[PDB]
Undergrad: 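Quick one: structure with cefepime (open form).
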Number of protein chains: 2
Amino acid sequence: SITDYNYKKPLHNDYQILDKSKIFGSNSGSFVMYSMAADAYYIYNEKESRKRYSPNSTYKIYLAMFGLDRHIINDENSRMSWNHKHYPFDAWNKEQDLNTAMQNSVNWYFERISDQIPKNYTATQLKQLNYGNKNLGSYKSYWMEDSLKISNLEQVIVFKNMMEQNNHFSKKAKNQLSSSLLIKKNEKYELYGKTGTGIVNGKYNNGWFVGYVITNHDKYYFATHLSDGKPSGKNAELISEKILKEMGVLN
Amino acid sequence: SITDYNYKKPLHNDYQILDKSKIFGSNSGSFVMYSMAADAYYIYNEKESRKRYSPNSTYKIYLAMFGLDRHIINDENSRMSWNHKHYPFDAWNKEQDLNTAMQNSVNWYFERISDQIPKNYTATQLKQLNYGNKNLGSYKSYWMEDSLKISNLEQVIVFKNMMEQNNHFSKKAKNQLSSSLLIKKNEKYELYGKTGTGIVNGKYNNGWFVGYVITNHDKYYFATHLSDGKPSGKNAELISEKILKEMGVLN
Ligand SMILES: *[C@@H](O)[C@@H](NC(=O)/C(=N\OC)c1csc(N)n1)[C@@H]1N=C(C(=O)O)[C@H](C[N+]2(C)CCCC2)CS1
Ligand SMILES: *[C@@H](O)[C@@H](NC(=O)/C(=N\OC)c1csc(N)n1)[C@@H]1N=C(C(=O)O)[C@H](C[N+]2(C)CCCC2)CS1
């Protein structure tokens, strides 16, 4: 418990320390990036990057994966009916498929998936995935400012590993997941990712943007965590991109 | 044969006649576009648009569809080994999957698919799809400046129908095909398409760009054919986009 807020495991890869404090501006947090080609990490604010926070809606990545893996949703049909309950966001108040669910961060879609998953499966997956503190707690919205916590550095390690390694997870699962995460594509690059936002007492307190970039030459996994300032998922995306552009990943 | 060079069937939809001769410049051809929402067509140079030409590499769209439909390739694996024969283009001289095959217009990939398809299946599909003159001839590269011919107007009608109508083609087939055709994506739109280029006596003679656009509000099917000037698939793409941008489809 006293070491379950911190990822202490030393890196067995080359790594560089960046200074993107100018881009982060009045916001506080960290940025991590992995380069498939260099098998190397690029970290800004490694202290913050090793502190564990709740994953918020970035966990939807893994919930989506579990749902595909247990045939809750599939490639032929991932649709779910709206229950006719009003939600704060209009995009939630309609039928969803994985793509629309993921793109609009429709909580109830993944909640409905979460309810059909046994706890021992979830716990087995987190173990094998090395997902943060691996702490399910009461097993009720555990990924939402609750027991489960992961570090910015681990977000990149766990995601890259799950996607790139020969897991029990199928290639078509990974591709379907990957489809649901595609944000931008042009001649130069494909950008994939997922935002996370936390709100406490009407104040943003926890902002994620986790994803990856495919170029012609390389492939990159990355994540931005915001802890103070204006720590929203959107602000995490904006910062991620201007860092990726200024580092010449998006050109 | 005397009516097999022309699509004469009258339109049972609204349609408008455009003037994009300025964009076409010193190139000659036509542009067709369909709007799901308006159930209406937008044609420039309807004469040219009704004349049938060989589909070149736009036929790869349908070959890809057939290969998925006959489990020649799958969502799990669509890879094919290179035979270690040199090809004029370097991107051809390696392993391919559907995406790389389609993106680089790797002829041999789809030829290898074509060879495993019965003729009566092909002929059945063209019948049900209303693909052009439906003429297979000797059934050997019939889609390459040979017997099979389709009009710019039909490219849009046949593609839209195959994709949008509940035929025997599965949703996952269509999505996998759709994935292989994605070119550009941003906040505003997803652009999908396939180029075609013909070369005779070292001169471009036949240029295609067939595809569709998904926006927030609408969905559009489109095609550009170039018959004279500099009629290359790439030039057909450039013209398609300038027309789509200037019509405010890519905004
Ligand atoms: C995942 O982060 C989701 N977030 C929430 O449900 C929470 N607050 O959102 C207001 C939350 C969970 S526990 C807690 N204390 N707060 C959804 N995802 C995001 C996201 O960043 O993708 C949302 C924010 N967006 C989508 C709203 C408009 C732009 C960003 C909120 S819902
Ligand atoms: C499909 O159009 C393919 N084209 C060809 O094989 C032919 N010529 O290519 C030079 C061809 C077939 S019959 C005939 N008389 N000529 C491939 N697709 C394209 C394409 O546009 O996707 C290629 C052309 N590009 C990529 C290079 C220059 C313009 C675009 C050629 S191979």
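Lettering: A, B, C, ... assigned in the same order as the sequence lines. What you see of chain A is 333-583, where the numbers are those given in the PDB entry. The numbering of chain B matches the PDB entry: 333-583, in order. Start at 1 and go down the list; that is how both ligands and their atoms are numbered. Both backbone and side-chain heavy atoms feed into the values below; hydrogens, waters and symmetry mates do not.
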Undergrad: Main binding partner of cefepime (open form, ligand 2) in this structure, as named by UniProt?
TA: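 It has the most contacts with Regulatory protein BlaR1.
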Undergrad: Please list, by chain letter, the other chains with any heavy atom under 4.0 Å from cefepime (open form, ligand 2).
TA: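 The other chains in heavy-atom contact are B.
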Undergrad: Which residues, given by chain and number, touch cefepime (open form, ligand 2) within 4.0 Å on a heavy-atom basis?
TA: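 Non-hydrogen contacts come from B:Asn388, B:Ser389, B:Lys392, B:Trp424, B:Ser437, B:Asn439, B:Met476, B:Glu477, B:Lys526, B:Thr527, B:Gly528, B:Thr529, B:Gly530, B:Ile531, B:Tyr536.
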Undergrad: Does an N or O from B:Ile531, backbone or side chain, lie closer than 3.5 Å to an N or O of cefepime (open form, ligand 2)?
TA: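 It does: an N or O of B:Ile531 is found under 3.5 Å from an N or O of cefepime (open form, ligand 2).
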Undergrad: Relative to cefepime (open form, ligand 2), which UniProt active-site residue of chain B is closest, and what is the heavy-atom distance rounded to 1 Å?
TA: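 Using non-hydrogen atoms, the nearest UniProt active-site residue is B:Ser389, 1 Å.
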Undergrad: Does the protein put any heavy atom within less than 4.0 Å of atom 27 (C) of cefepime (open form, ligand 2)?
TA: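 There is no protein heavy atom less than 4.0 Å from atom 27 (C) of cefepime (open form, ligand 2).
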Undergrad: Identify the covalent attachment point of cefepime (open form, ligand 2) as residue and atom, or report none.
TA: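 Covalent attachment: B:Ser389 OG.
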Undergrad: Could you tell me, atom by atom, which parts of cefepime (open form, ligand 2) come under 4.0 Å of a heavy atom of B:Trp424?
TA: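 Every atom of cefepime (open form, ligand 2) under 4.0 Å from some heavy atom of B:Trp424: 32 (S).
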Undergrad: Please list, in number order, the atoms of cefepime (open form, ligand 2) under 4.0 Å from a heavy atom of B:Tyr536.
TA: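 Once the distances to B:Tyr536 are compared, the set is 28 (C).
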Undergrad: Under 4.0 Å from any heavy atom of B:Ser389, which atoms of cefepime (open form, ligand 2) are there?
TA: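 Listed by number with element: 1 (C), 2 (O), 3 (C), 4 (N), 17 (C), 18 (N).
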Undergrad: B:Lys526 to cefepime (open form, ligand 2): N or O pair under 3.5 Å?
TA: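 N/O-N/O distance below 3.5 Å exists for this pair.
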Undergrad: Short list, please: which atoms of cefepime (open form, ligand 2) are under 4.0 Å from a heavy atom of B:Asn388?
TA: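 Selected atoms, number and element: 2 (O).
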Undergrad: Output, or 'none' if empty, a list of cefepime (open form, ligand 2)-protein atom pairs in which both atoms are N or O and the distance is under 3.5 Å, rounded to 0.1 Å.
TA:
from                           : atom 1 : to       : atom 2 : distance (Å)
cefepime (open form, ligand 2) : 2 (O)  : B:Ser389 : N      : 3.2
cefepime (open form, ligand 2) : 2 (O)  : B:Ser389 : OG     : 2.5
cefepime (open form, ligand 2) : 2 (O)  : B:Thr529 : N      : 2.8
cefepime (open form, ligand 2) : 2 (O)  : B:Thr529 : O      : 3.0
cefepime (open form, ligand 2) : 4 (N)  : B:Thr529 : O      : 2.9
cefepime (open form, ligand 2) : 6 (O)  : B:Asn439 : ND2    : 2.8
cefepime (open form, ligand 2) : 8 (N)  : B:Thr529 : O      : 3.3
cefepime (open form, ligand 2) : 15 (N) : B:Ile531 : O      : 2.9
cefepime (open form, ligand 2) : 16 (N) : B:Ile531 : N      : 3.1
cefepime (open form, ligand 2) : 18 (N) : B:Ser389 : OG     : 3.2
cefepime (open form, ligand 2) : 18 (N) : B:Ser437 : OG     : 2.9
cefepime (open form, ligand 2) : 21 (O) : B:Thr527 : OG1    : 3.3
cefepime (open form, ligand 2) : 21 (O) : B:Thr529 : OG1    : 2.7
cefepime (open form, ligand 2) : 22 (O) : B:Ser437 : OG     : 3.2
cefepime (open form, ligand 2) : 22 (O) : B:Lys526 : NZ     : 3.3
cefepime (open form, ligand 2) : 22 (O) : B:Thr527 : OG1    : 2.7

